[PDB]
Amino acid sequence: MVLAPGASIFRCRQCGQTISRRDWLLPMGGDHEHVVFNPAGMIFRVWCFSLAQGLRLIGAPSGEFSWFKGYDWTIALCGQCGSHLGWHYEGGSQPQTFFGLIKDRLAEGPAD
Ligand SMILES: O=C1CC[C@H](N2C(=O)c3ccccc3C2=O)C(=O)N1
Ligand SMILES: [Zn+2]
């Protein structure tokens, strides 16, 4: 669609690991962005993606405190540097799985 796009790929902000792409943004409940808080009171602006790479999913899934009805989550770390980038969601419906990534922990930039 455009030549030399600068808003193509999302990398880990801390190390540059390739994580996702703007093309893979997923409008869960009508919006790719969901503003949420955890039990420790931390607020996250979470962007939902159909796909991601370069992460390491830690532990078994849990349904507790899930921000997305019908989904269980696993912590998603940057597979390169260990930065906590978000969560992988599974066990739900349409889609069965997706990633919720913390927007401000990613850097956006040109394709590879
Ligand atoms: O969908 C989710 C993902 C996990 C997230 N969450 C956290 O970020 C957290 C931090 C410490 C203890 C417990 C939790 C927890 O469930 C949360 O609250 N909802
Ligand atoms: Zn990283």
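Throughout, chain A uses the PDB entry numbering, with the displayed residues spanning 13-124 in order. Counting starts at 1 for both ligands and their atoms, following the listed order. The way this entry was determined, per its header, is X-ray crystallography, 1.5 Å. Hydrogens, waters and symmetry mates play no part in the numbers below; they use all other heavy atoms, side chains included.
Ranked by contacts, the chain bound most extensively to ligand 1 is, in the PDB entry, Cereblon isoform 4. In this structure, the drug found at ligand 1 is S-thalidomide.
Taking every heavy atom under 4.0 Å from S-thalidomide (ligand 1), one finds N50, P51, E76, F77, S78, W79, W85, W99, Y101. Considering both main-chain and side-chain atoms, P51 never comes within under 3.5 Å of S-thalidomide (ligand 1) through any nitrogen or oxygen pair.
In the entry as deposited, no covalent bond from S-thalidomide (ligand 1) to a chain appears. In this structure, atom 12 (C) of S-thalidomide (ligand 1) has no protein heavy-atom contact shorter than 4.0 Å. Nearest protein heavy-atom neighbour of atom 19 (N) of S-thalidomide (ligand 1): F77 O, 2.9 Å. Near S-thalidomide (ligand 1) (under 4.0 Å), the structure shows no other ligands or ions. Within S-thalidomide (ligand 1), counting atoms from 1 as listed, the ones closer than 4.0 Å to a heavy atom of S78 are 1 (O). According to the PDB, the organism given as the origin of chain A is Magnetospirillum gryphiswaldense MSR-1. Against a heavy-atom cut-off of under 4.0 Å, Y101 is close to the following atoms of S-thalidomide (ligand 1): 1 (O), 2 (C), 3 (C).
For S-thalidomide (ligand 1), the polar-atom distance check finds an N/O of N50 within less than 3.5 Å of one of the ligand's N/O atoms.
The closest protein non-hydrogen atom to atom 17 (C) of S-thalidomide (ligand 1) is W79 CZ2, 3.3 Å.
An N or O contact shorter than 3.5 Å is missing between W99 and S-thalidomide (ligand 1) by distance.
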